[PDB]
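Notes on a structure featuring oseltamivir carboxylate.
Chains are named by letter, beginning with A, in the same order as the sequence lines. Following the PDB entry, chain A residues are numbered 76-465, in order. Following the PDB entry, chain B shows residues 76-465, kept in their order. Going by the PDB entry, the residues shown for chain C are 76-465, listed in order. The numbering of chain D matches the PDB entry: 76-465, in order. Structure determined by X-ray crystallography, 2.8 Å. We count ligands from 1, going down the list as the structure has it; atoms in each ligand are counted the same way.
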There are 4 protein chains.
Amino acid sequence: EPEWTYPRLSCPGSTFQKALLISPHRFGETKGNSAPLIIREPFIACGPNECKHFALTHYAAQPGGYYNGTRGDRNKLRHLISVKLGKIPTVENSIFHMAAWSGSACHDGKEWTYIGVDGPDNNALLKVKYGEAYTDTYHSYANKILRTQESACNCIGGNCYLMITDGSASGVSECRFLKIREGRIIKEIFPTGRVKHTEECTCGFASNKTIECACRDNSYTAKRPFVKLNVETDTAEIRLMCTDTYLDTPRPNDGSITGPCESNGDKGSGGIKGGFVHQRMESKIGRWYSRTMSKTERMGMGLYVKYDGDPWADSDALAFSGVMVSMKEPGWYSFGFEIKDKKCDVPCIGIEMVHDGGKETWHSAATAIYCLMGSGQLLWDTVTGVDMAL
Amino acid sequence: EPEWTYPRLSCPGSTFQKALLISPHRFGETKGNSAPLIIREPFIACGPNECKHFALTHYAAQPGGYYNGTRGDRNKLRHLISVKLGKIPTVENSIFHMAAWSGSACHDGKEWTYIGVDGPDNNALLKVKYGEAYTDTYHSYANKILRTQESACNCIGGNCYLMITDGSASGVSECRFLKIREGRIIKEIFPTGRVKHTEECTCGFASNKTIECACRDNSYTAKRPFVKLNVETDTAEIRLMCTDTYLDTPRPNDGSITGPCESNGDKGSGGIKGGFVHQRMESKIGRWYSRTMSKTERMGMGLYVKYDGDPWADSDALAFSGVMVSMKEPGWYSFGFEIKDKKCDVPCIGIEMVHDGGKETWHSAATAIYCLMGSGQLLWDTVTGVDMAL
Amino acid sequence: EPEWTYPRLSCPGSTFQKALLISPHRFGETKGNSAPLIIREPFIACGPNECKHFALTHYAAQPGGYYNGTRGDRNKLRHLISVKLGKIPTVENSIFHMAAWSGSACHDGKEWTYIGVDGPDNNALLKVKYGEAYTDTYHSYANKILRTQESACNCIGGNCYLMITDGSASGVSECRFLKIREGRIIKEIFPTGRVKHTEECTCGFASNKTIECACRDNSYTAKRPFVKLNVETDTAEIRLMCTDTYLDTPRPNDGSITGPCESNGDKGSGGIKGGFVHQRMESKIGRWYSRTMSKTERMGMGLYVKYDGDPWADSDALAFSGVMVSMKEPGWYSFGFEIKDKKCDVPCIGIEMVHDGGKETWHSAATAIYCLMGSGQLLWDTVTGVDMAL
Amino acid sequence: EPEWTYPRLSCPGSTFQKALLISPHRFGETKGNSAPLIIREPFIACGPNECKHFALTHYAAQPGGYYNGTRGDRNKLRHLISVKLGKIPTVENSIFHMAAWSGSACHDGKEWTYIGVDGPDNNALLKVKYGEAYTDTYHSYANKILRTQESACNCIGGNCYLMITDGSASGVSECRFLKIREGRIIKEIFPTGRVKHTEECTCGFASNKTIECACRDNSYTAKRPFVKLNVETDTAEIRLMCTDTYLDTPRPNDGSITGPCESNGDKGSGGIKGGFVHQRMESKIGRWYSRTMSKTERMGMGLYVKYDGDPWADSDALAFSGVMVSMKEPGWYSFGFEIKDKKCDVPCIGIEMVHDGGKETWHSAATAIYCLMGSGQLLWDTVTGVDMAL
Ligand SMILES: *[C@@H]1O[C@H](CO)[C@@H](O[C@@H]2O[C@H](CO)[C@@H](O[C@@H]3O[C@H](CO[C@H]4O[C@H](CO)[C@@H](O)[C@H](O)[C@@H]4O)[C@@H](O)[C@H](O[C@H]4O[C@H](CO)[C@@H](O)[C@H](O)[C@@H]4O)[C@@H]3O)[C@H](O)[C@H]2NC(C)=O)[C@H](O)[C@H]1NC(C)=O
Ligand SMILES: *[C@@H]1O[C@H](CO)[C@@H](O[C@@H]2O[C@H](CO)[C@@H](O[C@@H]3O[C@H](CO[C@H]4O[C@H](CO)[C@@H](O)[C@H](O)[C@@H]4O)[C@@H](O)[C@H](O[C@H]4O[C@H](CO)[C@@H](O)[C@H](O)[C@@H]4O)[C@@H]3O)[C@H](O)[C@H]2NC(C)=O)[C@H](O)[C@H]1NC(C)=O
Ligand SMILES: *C1O[C@H](CO)[C@@H](O[C@@H]2O[C@H](CO)[C@@H](O[C@@H]3O[C@H](CO)[C@@H](O)[C@H](O)[C@@H]3O)[C@H](O)[C@H]2NC(C)=O)[C@H](O)[C@H]1NC(C)=O
Ligand SMILES: *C1O[C@H](CO)[C@@H](O[C@@H]2O[C@H](CO)[C@@H](O[C@@H]3O[C@H](CO)[C@@H](O)[C@H](O)[C@@H]3O)[C@H](O)[C@H]2NC(C)=O)[C@H](O)[C@H]1NC(C)=O
Ligand SMILES: CCC(CC)O[C@@H]1C=C(C(=O)O)C[C@H](N)[C@H]1NC(C)=O
Ligand SMILES: CCC(CC)O[C@@H]1C=C(C(=O)O)C[C@H](N)[C@H]1NC(C)=O
Ligand SMILES: CCC(CC)O[C@@H]1C=C(C(=O)O)C[C@H](N)[C@H]1NC(C)=O
Ligand SMILES: CCC(CC)O[C@@H]1C=C(C(=O)O)C[C@H](N)[C@H]1NC(C)=O
Ligand SMILES: *[C@@H]1O[C@H](CO)[C@@H](O)[C@H](O)[C@H]1NC(C)=O
Ligand SMILES: *[C@@H]1O[C@H](CO)[C@@H](O)[C@H](O)[C@H]1NC(C)=O
Ligand SMILES: *[C@H]1O[C@H](CO)[C@@H](O)[C@H](O)[C@H]1NC(C)=O
Ligand SMILES: *[C@H]1O[C@H](CO)[C@@H](O)[C@H](O)[C@H]1NC(C)=O
Ligand SMILES: [Ca+2]
Ligand SMILES: [Ca+2]
Ligand SMILES: [Ca+2]
Ligand SMILES: [Ca+2]
């Protein structure tokens, strides 16, 4: 019989390495006979036995004749799909969980919870599934596009925690946290602090008592807002990441934002979902982050790390760990997830690599995975190997 | 070991919402590489661990060369098929249960029961299959196209109840109920009351004591015949629904059929199978129905609910719960099924959205899913997104 | 924990009915995107939990460019493949058990045994697999094409019995029986009686003590040789089926072979594998057989039945049960198999329907299934629905 | 719960026979609708319930547009993949374990261990994965293409032994052995003796005490270096095989290398990985090897055996056990693996049959399987049946 699940100490290791590429569109050419789903916003969640690869499909394959509109975001056809990690997400392999143009998922130890937001922009609806059953919803509270993590949610003792948000992308977007248990919302958590704009949060456990998320401010700053959730007291505070190594895109030169830690600075309009995962140690806490190689475009992806301290107060640059994606390749969304080993947890970062040929062709993505493994320096970058002309 | 299942209290919730679209022909294009089966009359039936998506195929794929005939109903090629709900029903994903040009299925908590009618129009044969084995048959009794539900049948305590009917579709078709147990028919129940013409009943549990069916008079009325089946005494009775919200298609204007409740009215000729599903609470029962948005065409699909009362006597209009399919998309057969959550049941409605381009091109169908979830109003509607020309 | 398996009493029923068609080539057209394996000699075997559909593929799909040679029999590419019954045997769905141009399989209650013969004609080799492991072989003893049942073998108390044979197709072919236990040959059984030519035997249990097979004489008679295996004493006798209803193809007019029961008669050169399954009752034994509608070509397929008596001595015509395949459709190999219901066994007959366009096109087959179900007369025939020009 | 596995006595048997052909490119034609992966360096590794078929893909299918590069070895796209043995390794059937341009895997009785080396030629990285989790890494030690077995590694009592090597392939490559446990490297074993150049060892258990490896000197000899690894003391020693039946390709004429056993000889430059597998009896051990039928080209594959004796000292020619691939078909890499039967182990040899049409067309491979089964001589040989022009 299955127990609830808890964050365990991390596995030993001092560096990340290239783990695995999932590039479906290597098989999307017209010469071929394969049918990979057009997707975006991939993310991964692992339970005690499998890891699932999730995405939002446009309900189209390549090749096909429904490309037109695949470079949009919300519509009545977007679905949350998954396959077992390491399987190519195709028409036959994928499972379609629910209609949703925004999503999340997480395993509590007994069951999968699936999260999908759909509906009209002025009144969207967060839906929840526990296994195969629809169990609860949540309503827009700002009437300006309710949306969620695009990342794994996080469960502890059967309590699953989920960031949601609502409000103008180019203005105020106050996020809330949901406390979900066996598919049903049992508490809403309103953060305090710097709440102006928080979205597309990437959250993991820093401890058995705290969740941390690095988030996106699409409006005011290239600093990432940084949430701290206290799971023992069901309360949350958000302050900007003080680090000179600004993690959003677009962004100014590192350390060029003058003033106190909460200062917004410039080139802070727009943003990108960023990767963040915890290395939990006995007397240490490892914080691993990812950001675009370009300060302006979605190209390349870098790995950064900082042990200990307070991300709210420390202005120190993050340590640069290595190049995961070269600047000559697309570097879009990235996310954190952990694989459950037998006795310990393995932290990993995934990378969405979008094939963008403009609005006059199909628009989709591959997923690069990096994971904490062994000692040394990160050794090799990743390429999609896709030529969109085929 | 497993035990027999019984209807449970429904899960908490106040409105339906868009769950899931299964739209195989989104990958049905010449430009592509997939092979979705040409099907019609879909329905869903869920068990303690799996929900299954059934349909009647024509034993052809799109694209393919065997379109001719796919706009017909009965032939030697038709087979009851299924995929796990959420999977695209393609040549490879599908499983072929039996030859059938009319079907049903249901889980008793121990095993799947599958039901398929095939054979000549003047001597059809209902076949029962329990798991992998074929176990019993029922004979035509009117020699006018013996036929069954096209929706999930209903199992309580190992006993599965099923509507069957036989007769001219422009005249009399007195239906019967079969009591099946572990694949074998143990009692025929002959309903009393308004028996002139019943078919394509959508049935579900109103309690541990009563099964209710909303049906189709293809001959005499636009009101749906409404079966109450007492499961304790194995007796059944039919009267027409009194509600001014007439549920068949075609139909006249709401509340325009004058006279006592049993009055047939104008626009009786013709019909369509309608969604019906139960919401079982503490000491009240909600009844959820679906009808096409057009009075005469198979376009659109609206949701309606009515808590309590006797459906044989309540002239009251049903409450309009929302638009599931717009008047600009096809709305064909609809059906009710329930999903099993950990401790309670989730009431759902499925809509068949047929792609119809005439007898000179392929003729298949998508399936839209709406389920009780959360509170509020029903928000978004469903399109199939299919271009029948691609 | 699993027990060994034994023949149980049959399920009640007095007639066969059309159960299920598996016609992969409905999806083989060039307009399509599917890839069904080119196969022949299909057969089915069921264990306590699933039923597997077996065949010998030419290691080619349709469409493709390896048709040339698919109208042959033995080569270094022929394999024994299977899928779960009701699944279309395609390149992806099928599993490849072993190289073999002749085969058999059966479940003992704990495990699958697979049988495949390959090698050169003058020295072929019978191979055995127990689950995934190759466990034993058997050698040609006549150097003239060692070959086997093309049908399910039969297990009792963990002992699986298998017909094999060797020798000229147009001359003498003395069959032997193998006693196999957990993948290894533990006894060879040499029949006595009329041993001149016995091949492609279709065997089932007539009792907990006897196996009966109806076989093919390709050389001397259109009567089917009829084996009786005694499982309590590991001994076997073969005599010709005395019945006027000659079951082989080609064949003379019924009852036209004058003389004693063992008389060969004419039109007895050549032959066809014929279907045969037992209806085991308390005080009765049902023997169900199938034979071509044509007396000369492989067209149509008929169902016959006789209760009780001695098939060695009785000259009475078999009772005609109905037309399974019309004479306007191909009727090639047929076979018997039983599905295990919960408390009882269900007898069924399968029919190989070859698409034969000559040697200048592909050459493959679909499988029609009929099964004992309910009372009355067999109601409907089967068609492949395939146009080989597509 | 499961327990650790140990080598068991082999099953009874005296000769190998043709088991199974996996030839994906039989469905690789333009005329068709399949998508087999372009792979090379296959190998098999079996566990207590499943046997897995591994390969290194180039992340492309046939037909497809990414042929260019598929005749190379190392690039960022290469991934270790697998299907259950008997399944066609296509885009949909496959699972992508990790990025790797050199690989291995093995089961300890509790879990799969997967091994993949990727990275720059001058700083490769071996990655260890235990089930779903990445668990450890090993670094280049010569900065000359760290690389591993390309065959199953070897687990006894939870300890998995693996050969790795690093060095110029036209010079020195002193190999090492890694002792892995539950994904983690717990000891490096540095072999003594003839260490000049070892690589691509094919390893297997000779007893509960000793692992034996037949390897490849790509530089100095056509004799195979032969590792004896004592598993009790974790020490290893290498000397060359003395047998006149030299096993590398290219090679000179048998018994033409004159001198003591350690003598290198002519035609040392170049090499190929060879099949090697153990047959463990009461108190004797058979050693089965494979070598290409041509002295200089990668054509054909023959089987050889030698019961007992010391392979470091036995000048005796090995007994020729048969032709598996004719001199008219490709014979590339070969490898040994064992299948687990109920109470004993089944020794097997796998052959890589590469389809080579030059650097201007696709470059992939089939896999032939031979296993110990029954007695006699080895009968039939294997073709792949592929036309590289289709
Ligand atoms: C239609 O009819 C069926 C059959 O009667 C009803 O199903 C039963 O529903 C009741 C609840 O109404 C169930 O009783 C409960 O069982 C709980 C344990 O879960 C399992 O229990 C056994 C094994 O322990 C299993 O065999 C079974 O399948 C259950 O899944 C108990 O924990 C509960 O007891 C607690 O609750 C109350 C106080 O709140 C008290 O009884 C106790 O003091 C205790 O605190 C509870 O008794 C019963 O198990 C169900 N049986 C079956 C076969 O399903 C349907 O509810 C009914 N539908 C209606 C009425 O709409
Ligand atoms: C390499 O090393 C391993 C570990 O020592 C050996 O594996 C053992 O092999 C022996 C046989 O040589 C096994 O002993 C036998 O166990 C049988 C039962 O099967 C299971 O037993 C237990 C549970 O009962 C399980 O834990 C285990 O995994 C087995 O699968 C017994 O029935 C046998 O006993 C009978 O046989 C003889 C007489 O013939 C007597 O011992 C008894 O009187 C009795 O009649 C038998 O003892 C042992 O279980 C194996 N262990 C493991 C962990 O696998 C390998 O054989 C060895 N390889 C070599 C030597 O080549
Ligand atoms: C916070 O989450 C739980 C809080 O209890 C921690 O998990 C638990 O960890 C303990 C020990 O780490 C486990 O207890 C036992 O440990 C002994 C060794 O002393 C061992 O022999 C037993 O077999 C047993 O495992 C306990 O089972 C485990 N529970 C679960 C559900 O995992 C967790 O480590 C904490 N997270 C941290 C510290 O980051
Ligand atoms: C020949 O095969 C076996 C020979 O024993 C028969 O199967 C066995 O049948 C008996 C009864 O049919 C089963 O015993 C028990 O029956 C009682 C009822 O009296 C029931 O309450 C028990 O639960 C139990 O089932 C026995 O279990 C069963 N064994 C197996 C392995 O199936 C079989 O019926 C014979 N075949 C014939 C007669 O055709
Ligand atoms: C809706 C606001 C938000 C910020 C602009 O848009 C996101 C940015 C997009 C992006 O930056 O690539 C992709 C996301 N799919 C989108 N989210 C939704 C719900 O549409
Ligand atoms: C045969 C009577 C019945 C009522 C008109 O026909 C149904 C009409 C249906 C319809 O109105 O679309 C299609 C159904 N598939 C068909 N059922 C059968 C068994 O043919
Ligand atoms: C080899 C003798 C036998 C009788 C002519 O041939 C069978 C007849 C063929 C047939 O009658 O259709 C098909 C069988 N695949 C074949 N068996 C083998 C092993 O090739
Ligand atoms: C790099 C040294 C080694 C020996 C020549 O190369 C091998 C030659 C092999 C060969 O001879 O065909 C192909 C192997 N895939 C390759 N291995 C790697 C890691 O590239
Ligand atoms: C459809 O089939 C009928 C016969 O069944 C045939 O007469 C008709 O021409 C076919 N239609 C087309 C468009 O080919
Ligand atoms: C293969 O790729 C190289 C560059 O990587 C390119 O120069 C060459 O032309 C390509 N070959 C073909 C046949 O296109
Ligand atoms: C698709 O783009 C076309 C241009 O090809 C444009 O006319 C239209 O806005 C879009 N239509 C749909 C259905 O997406
Ligand atoms: C296939 O048939 C061709 C004719 O197209 C003939 O030349 C030859 O005998 C056959 N070849 C193979 C490889 O089967
Ligand atoms: Ca920003
Ligand atoms: Ca009507
Ligand atoms: Ca004959
Ligand atoms: Ca050499």
Ligands or chains of oseltamivir carboxylate: ligands 5, 6, 7 and 8
Can you peek at the structure and tell me the main thing oseltamivir carboxylate (ligand 8) is bound to, named as in the PDB entry? neuraminidase
For oseltamivir carboxylate (ligand 8), which other chains have at least one heavy atom closer than 4.0 Å? D
Do you know the source organism the PDB entry gives for chain D? Influenza b virus (b/brisbane/60/2008)
Can you check which residues touch oseltamivir carboxylate (ligand 8) if I set the heavy-atom cut-off to 4.0 Å? D/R115, D/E116, D/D148, D/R149, D/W176, D/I220, D/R222, D/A244, D/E274, D/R291, D/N293, D/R373, D/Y408
